[PDB]
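The following structure holds chlorzoxazone.
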Amino acid sequence: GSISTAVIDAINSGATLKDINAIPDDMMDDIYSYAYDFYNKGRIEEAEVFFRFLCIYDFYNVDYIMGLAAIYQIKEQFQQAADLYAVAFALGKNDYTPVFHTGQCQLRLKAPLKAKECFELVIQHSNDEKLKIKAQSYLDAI
Amino acid sequence: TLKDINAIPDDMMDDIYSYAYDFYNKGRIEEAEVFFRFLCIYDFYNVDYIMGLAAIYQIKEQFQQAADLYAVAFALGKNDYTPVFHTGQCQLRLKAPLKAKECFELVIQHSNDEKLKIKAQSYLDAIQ
Ligand SMILES: O=c1[nH]c2cc(Cl)ccc2o1
Ligand SMILES: [Cl-]
Ligand SMILES: [Cl-]
Ligand SMILES: [Mg+2]
């Protein structure tokens, strides 16, 4: 998937498509909008192809990663979603939404201790008060 | 992954990992890089294998390539902030002090590793 592609690219350390600016920013913006057009109409498979395409070109992009993680979470591919949410957080650092969603994924992965750590981080560090309420409601049930 | 099909026994992979670190510790960087690349081909999902290759890239002053692997390495452990610490170092070398500051601050705010936080704080203290 997207992560193995990123790791292969780093191993081989050859020229990538982004390194040569093979797709301009404006076209990447268009494709991202098309990806969500598919997603918003429930065409999840096509959206996934488009977000995979975006993540091959520019993996280290919080917006592309978050789109793909959402798809995996909807498809109940919870480990793949949590892995991408963690990448997104490492790049973004200031938005705790991926940490919240990782907590949800860990709950489904039968890892309540990992989920608890996620929700507690949201509570202690997020300034999104509504997200904190949601995290607390998961914490109350664990 | 080749790991998924158990193409090489577990103990032999342990041996290869320890040999890679031997090369690294002896300054045999080119050989260590071959061995860590070998490991990461065998199992891209092994955080310690990725961290080894990232360290090689950082030593070779390929700071963006190192930072890219550190971001993957962080996701593959979720709770270990050491790759975030090293990313902060790489960002300083890339002349991105605000990005570096964010990394070291994240270590201090989330990590339970007290020795690592001590190191991150010493970087934060130095950043203008
Ligand atoms: O300690 C941590 N930080 C984390 C960040 C994400 Cl995205 C998930 C789990 C975590 O555990
Ligand atoms: Cl993958
Ligand atoms: Cl900066
Ligand atoms: Mg607060």
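Chain lettering follows the listing: the opening sequence line is A, and each later line takes the next letter. Shown for chain A, in order and in the PDB entry numbering: 9-150. Here chain B follows the PDB entry for its numbers: 24-151, in order, are the residues you see. The figures that follow rest on heavy atoms only: side chains count, while hydrogens, waters and symmetry mates do not. In listed order, ligands and their atoms are each counted from 1.
- Mapped onto the model, all copies of chlorzoxazone cover ligand 1.
- In this complex, the main macromolecule engaging chlorzoxazone, as named in the PDB entry, is Chaperone protein IpgC.
- Counting only heavy atoms under 4.0 Å, the other chains near chlorzoxazone are A, B.
- Backbone and side-chain nitrogen or oxygen atoms of B:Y104 are examined, and one is located within less than 3.5 angstrom of a nitrogen or oxygen of chlorzoxazone.
- Listed by atom number, the atoms of chlorzoxazone under 4.0 Å from A:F97 heavy atoms are 7 (Cl).
- When the heavy atoms of A:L129, A:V107, B:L129 are ranked by distance to atom 6 (C) of chlorzoxazone, first place goes to A:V107.
- Atom numbering of chlorzoxazone starts at 1 in the shown order; those under 4.0 Å from a heavy atom of A:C126 are 8 (C), 9 (C).
- The residues of other chains having a heavy atom under 4.0 Å from chlorzoxazone are listed as A:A94, A:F97, A:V107, A:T110, A:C126, A:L129, B:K101, B:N102, B:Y104.
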